Amino acid sequence: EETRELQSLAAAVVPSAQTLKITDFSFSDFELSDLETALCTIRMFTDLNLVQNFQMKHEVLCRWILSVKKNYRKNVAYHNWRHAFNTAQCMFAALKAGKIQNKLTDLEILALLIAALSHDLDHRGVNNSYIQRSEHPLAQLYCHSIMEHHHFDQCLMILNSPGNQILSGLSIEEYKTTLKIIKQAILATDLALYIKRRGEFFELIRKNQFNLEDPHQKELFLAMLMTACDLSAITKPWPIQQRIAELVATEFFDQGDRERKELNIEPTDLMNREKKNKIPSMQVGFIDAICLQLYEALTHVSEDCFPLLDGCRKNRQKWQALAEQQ
Ligand SMILES: CCCc1nn(C)c2c(=O)[nH]c(-c3cc(S(=O)(=O)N4CCN(C)CC4)ccc3OCC)nc12
Ligand SMILES: [Mg+2]
Ligand SMILES: [Zn+2]
């Protein structure tokens, strides 16, 4: 009974952020039950003062959180509720412990937490291995971020659902602003857009021109932050990263088997279940080509975000050792 779950959530006591450990970049959700992750999400809206500043009703927030959780497919190995929850938790830790909070407006923080929780809504486990698709000479020919547009539509749908309207207390303007920020934040999770815009972001930082008052730079930064949180599984303590890496591998292999039957093509190592031995080398490659630069750049933005980078490096060292097969 969906109602039974709601009644349980809305009536439970929400433990403190400290007890929940949602402030740690090292936070893990493995020992938490769905109910507990929901309680964590409430603590996130509360401690970021979103419930207060936007007068959200307890029951309505609980319902919205349960609706979001419900619209994720538990059958998809990695891109499910737990990934979205972790993304939001990383966003919370970055805002608080990473001190990104005071560099943003209350609306932007509102949009970011909502986006982090809704960016992979109704994901089917389809991943695009062609990571350079945004830089191809004809990139403008194949519509980009199709699924991300779907995730947002889903996000918007749930926000406008009777009893789930956590943004009802906003003005007509505040609402419009918040929805635009959310849409961009969600679209930013298309890794291709990260590849396309990171160069610009890195340079602004390298040359000391970074300026969050410039709306264009604020938007670029929000996109980079979304990516940072989205990939943060790669920064977790070794044992946790290993398990998360398995889930990612499993969703890849599932696609490989699915495409073999539907497209009559054999999978590349990335999506070949018989190639688990090549995972560590690929992780090192993923880290070097995609992660390190992002977390390093974020550390320049705020030194307190350093632990994400640090955790990432430690994992590189772990995966590398395995790559060399001890
Ligand atoms: C879409 C999944 C993004 C992602 N998140 N996380 C935490 C990981 C990860 O740990 N590894 C990989 C990953 C990336 C590449 S990649 O850098 O070569 N590249 C191709 C595949 N796309 C989807 C990502 C980029 C190759 C293998 C990977 O997982 C190995 C188990 N992707 C993600
Ligand atoms: Mg996505
Ligand atoms: Zn994601």
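Index from 1, following the sequence. Whatever order the structure lists ligands and atoms in, that order sets their numbers, starting from 1.
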Report the name of the drug found at ligand 1, as recorded in the PDB.
sildenafil
What's the chief binding partner of sildenafil here? Just the name from UniProt is fine.
cGMP-specific 3',5'-cyclic phosphodiesterase
Numbering as shown, the atoms of sildenafil that approach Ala233 to under 4.0 Å (heavy-atom distance)
7 (C)
Could you find the nearest protein heavy atom to atom 2 (C) of sildenafil and give me its residue, atom name and distance?
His79 CE1, 4.1 Å
So if I count the atoms of sildenafil from 1 in the order they appear, which ones are less than 4.0 Å from some heavy atom of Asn127?
1 (C)
To the nearest 0.1 Å, how far is atom 3 (C) of sildenafil from its closest protein heavy atom, and which atom is that?
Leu231 CD2, 4.1 Å
Is atom 10 (O) of sildenafil less than 4.0 angstrom from some protein heavy atom?
yes
Among all the protein's non-hydrogen atoms, which is closest to atom 25 (C) of sildenafil, and how far away is it?
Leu191 CD2, 4.3 Å
Can you report which non-hydrogen protein atom sits closest to atom 22 (N) of sildenafil, along with the distance?
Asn128 O, 4.1 Å
Of the protein's non-hydrogen atoms, which lies at the shortest distance from atom 21 (C) of sildenafil, and what is that distance?
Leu270 CD2, 3.4 Å
Would you happen to know the UniProt domain of chain A where most contacts with sildenafil sit?
PDEase
Who's the nearest protein heavy-atom neighbour of atom 19 (N) of sildenafil, and how far?
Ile131 CB, 4.6 Å
Can you tell me which residues in chain A that UniProt annotates as binding Zn(2+) end up with a heavy atom closer than 4.0 Å to sildenafil?
none
Heavy-atom nearest UniProt active-site residue: chain A, sildenafil
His79, 4 Å
Which UniProt Mg(2+)-site residues in chain A are within 4.0 Å of sildenafil on a heavy-atom basis?
none
Per-atom contacts of sildenafil with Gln283, taking only distances under 4.0 Å to non-hydrogen atoms
9 (C), 10 (O), 11 (N), 12 (C), 13 (C), 28 (C), 29 (O), 30 (C), 31 (C)
Indicate whether atom 17 (O) of sildenafil is within a distance of less than 4.0 angstrom of some protein heavy atom.
yes
Report the member of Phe286, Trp319, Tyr78 with the shortest heavy-atom distance to atom 15 (C) of sildenafil.
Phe286
Which neighbouring residues and nucleotides define the binding site of sildenafil at 4.0 Å (non-hydrogen atoms)?
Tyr78, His79, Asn127, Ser129, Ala233, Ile234, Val248, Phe252, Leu270, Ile279, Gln283, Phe286
